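Entry overview - Beta-lactamase with relebactam (bound form) in place.
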Amino acid sequence: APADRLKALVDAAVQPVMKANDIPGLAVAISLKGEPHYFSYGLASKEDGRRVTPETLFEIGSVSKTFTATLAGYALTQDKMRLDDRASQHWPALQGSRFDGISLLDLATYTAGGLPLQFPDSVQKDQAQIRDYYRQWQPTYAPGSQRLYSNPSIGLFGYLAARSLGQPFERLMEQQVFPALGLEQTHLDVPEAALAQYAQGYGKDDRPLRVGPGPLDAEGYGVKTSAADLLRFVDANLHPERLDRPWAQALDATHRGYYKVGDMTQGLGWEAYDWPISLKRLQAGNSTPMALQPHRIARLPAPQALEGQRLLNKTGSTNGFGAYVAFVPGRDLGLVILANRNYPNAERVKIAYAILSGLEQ
Ligand SMILES: *C(=O)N1C[C@H](NOS(=O)(=O)O)CC[C@H]1C(=O)NC1CCNCC1
């Protein structure tokens, strides 16, 4: 009855949304009572007929920020940086710029003062162009006052955490972070030998779409991973104490809330809500205006533990993909939903919420 019931519940949550959004392929992984459960739907590639499995690689877009946060959490534990450091402390090129007056925490939590959603199209994947971009940038408003969701913001945070560790960001993820987390199906640059696992992404008129190079891509949106590996990452988040101390502490650092905007508490990478909360409120927290518009923050008196009866989540998209991850620390429950179409966040959250509410019922 239990396996039948879980299958029935996940099918009932996924299938209508998959169909309504014409999603070619979709992978679900659920961590429940200390055990993983995988559900795979449809096609990784419509053209060659490869089916989705729990090992299929999907682009996870902005979910990458949680890995980026974990690297920064590590740097914090290596006493290599502090959240209250000025950004320019970690890149001499920034000394004398406005980044003298902006903290690593401001950068990590999108409150640096109006850094935009993306780098302008004129900024290529080029260290000098990136450096020059930040040198010339001026805040629209005071640092620490307004949240404006931003790839350049947390991208810089990740880049400076890597600088504090004395190695390139990409090398650190591949050589240290992913191995420390036990992740062998998680990549910034998918190896040729693994390309057969990499799903095709689909956009309008089913044009094929995979993510191309961009400035600070690895930091903001560049990770490709499987449902099985992303769930392993969720289980690491549920049980940091199962890893060696330095990496336990790194994960813990991403479970700390610094301010609220409406129902959402902003951590490093992770965004948190009280649990339970209505589907409509969770949808609103992950809505377009939350990503695209500035919001005045309500700063907490002290960092808040993001644990117990809370839902921690992150959405992520690329041109061709749509990912969502959610977990409830106090219930030892986690879920991953990866699709090879960018479909609205509200729809991803709807699937997740249907699964979570069915599990409690
Ligand atoms: C994350 O997936 N990003 C950044 C931002 N996230 O807002 S959210 O509510 O979707 O998580 C916007 C979309 C996405 C992003 O950076 N997409 C880019 C499209 C163009 N190619 C580079 C990735």
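To match the PDB entry, the residue numbers of chain A are left as they are there, and the shown ones run 29-389. Ligands are counted one by one from 1 in listed order, and the atoms in each one are counted from 1 as well. Header lists the method as X-ray crystallography, 1.9 Å. For the numbers below, each heavy atom of this structure counts, side chains included, while hydrogens, waters and symmetry mates do not.
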Ligands or chains of relebactam (bound form): ligand 1
Site residues for relebactam (bound form, ligand 1), heavy atoms under 4.0 Å: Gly89, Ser90, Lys93, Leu145, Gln146, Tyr177, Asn179, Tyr249, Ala319, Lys342, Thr343, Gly344, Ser345, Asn347, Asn373
Proximal atoms of relebactam (bound form, ligand 1) relative to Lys342 (non-hydrogen, under 4.0 Å): 11 (O)
Check: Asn373 N/O within less than 3.5 Å of relebactam (bound form, ligand 1) N/O: yes
Ligand-side contact atoms (relebactam (bound form, ligand 1)) for residue partner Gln146, heavy atom cut-off under 4.0 Å: 15 (C), 16 (O), 17 (N), 18 (C)
Taking atom 5 (C) of relebactam (bound form, ligand 1) as the reference point, the nearest protein heavy atom with its distance: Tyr177 CE2, 3.3 Å
Atom indices of relebactam (bound form, ligand 1), in the order listed, that fall short of 4.0 Å to a heavy atom of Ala319: 7 (O), 9 (O)
Covalent tether of relebactam (bound form, ligand 1) (residue, atom, or none): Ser90 OG
Short N or O distance, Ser90 and relebactam (bound form, ligand 1), threshold 3.5 Å exclusive: yes
Where relebactam (bound form, ligand 1) meets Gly344 - atom numbers and elements under 4.0 angstrom, heavy-atom basis: 2 (O)
Relebactam (bound form, ligand 1) to chain A UniProt active site: nearest residue, heavy-atom distance: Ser90, 1 Å
Per-atom contacts, relebactam (bound form, ligand 1) versus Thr343 - under 4.0 Å to a heavy atom: 8 (S), 9 (O), 11 (O)
Per-atom contacts, relebactam (bound form, ligand 1) versus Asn347 - under 4.0 Å to a heavy atom: 19 (C), 20 (C)
beta-lactam binders in chain A (UniProt) with heavy atoms under 4.0 Å from relebactam (bound form, ligand 1): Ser90, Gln146, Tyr177, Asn179
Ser345, any N or O under 3.5 Å of relebactam (bound form, ligand 1) N or O: yes
